[PDB]
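The next PDB entry has neomycin among its components.
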Amino acid sequence: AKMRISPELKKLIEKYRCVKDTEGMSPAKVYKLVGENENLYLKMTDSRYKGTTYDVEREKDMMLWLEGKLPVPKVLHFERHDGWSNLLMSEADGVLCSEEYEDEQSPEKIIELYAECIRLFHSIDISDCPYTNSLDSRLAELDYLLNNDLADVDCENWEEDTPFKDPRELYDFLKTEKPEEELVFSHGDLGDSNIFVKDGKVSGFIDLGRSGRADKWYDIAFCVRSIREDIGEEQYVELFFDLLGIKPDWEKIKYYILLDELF
Ligand SMILES: NC[C@@H]1O[C@H](O[C@H]2[C@@H](O)[C@H](O[C@@H]3[C@@H](O)[C@H](N)C[C@H](N)[C@H]3O[C@H]3O[C@H](CN)[C@@H](O)[C@H](O)[C@H]3N)O[C@@H]2CO)[C@H](N)[C@@H](O)[C@@H]1O
Ligand SMILES: Nc1ncnc2c1ncn2[C@@H]1O[C@H](COP(=O)(O)OP(=O)(O)O)[C@@H](O)[C@H]1O
Ligand SMILES: [Mg+2]
Ligand SMILES: [Mg+2]
């Protein structure tokens, strides 16, 4: 078994009214620390995932590295207590993108924000980026996640696409169709649930576990995925690409989409 938080962190959480999140489909625990002067956010991952891209210990390193680079939360407190990586952070600036256009019907504005993140990422210098997440490192991690049954291979939200009938089939296809990689700055989980906007621009990025070096089509692929499922009109997928000023590599896009199927 295990535990949770330390005494120190048990003080702050007591001082703020705590509310338990339910927006994190991940193995992490997320709590909002409602406060009088502000709100703080606590996120915790158990040992089983240490060293993995879910380990907040890593999300924290990356969160520290983006200071003065991208709009990310401020690392307040971090600790390893009872085989748990606990991160205390400040409340992202802005509104959740999913809740800024929740009613939606502002397709082009979403497409803009997505395309804005992309251009933005292709600005962060990865000369000193802490982690490299090339397919090699990622297929490595996946394999590992499967061997230790650390991944949900039964009840996930598959894409209606995934041509495969079992986990290893997919793994194999990935480990076998690896596109060439042009390393840029990758978020690792670009989606309206992990992005914050304000007054019309992006004002915050959170959920930075797989943040680091990675092919450029990785994030783009994700935006395509979201765009398609949430708007469902090839029309705005094209527009997205027009705003990016790039031609779609449907092979890479598909590929990278699949790579996320088991995470
Ligand atoms: N939070 C966004 C809200 O939830 C859905 O979006 C979610 C959904 O599309 C997408 O879920 C995708 C699936 O698709 C894809 N086929 C497999 C991939 N494992 C899964 O990933 C999801 O589960 C992971 C853990 N297994 C989490 O680590 C990750 O944060 C989350 N993106 O990620 C979004 C969560 O962020 C609604 N579609 C959207 O309209 C609504 O706004
Ligand atoms: N620093 C933060 N500021 C504001 N909201 C946050 C912050 N950290 C987490 N959240 C909220 O809680 C949810 C879960 O956080 P996230 O890191 O995305 O967990 P998971 O990796 O499970 O998706 C986010 O979608 C967001 O609603
Ligand atoms: Mg999230
Ligand atoms: Mg996550």
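Positions are given from 1, in the same order as the sequence printed here. Below, all heavy atoms of this structure are taken into account, side chains as well, without hydrogens, waters or symmetry copies. In listed order, ligands and their atoms are each counted from 1.
Copies included, the model assigns neomycin to ligand 1.
Most heavy-atom contacts to neomycin (ligand 1): the chain UniProt names Aminoglycoside 3'-phosphotransferase. Binding site of neomycin (ligand 1) at 4.0 Å (heavy atoms): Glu23, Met25, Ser26, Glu156, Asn157, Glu159, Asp189, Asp192, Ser193, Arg225, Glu229, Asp230, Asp260, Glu261, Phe263. When heavy-atom distances are rounded to 1 Å, the UniProt active-site residue of chain A nearest neomycin (ligand 1) turns out to be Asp189, 3 Å.
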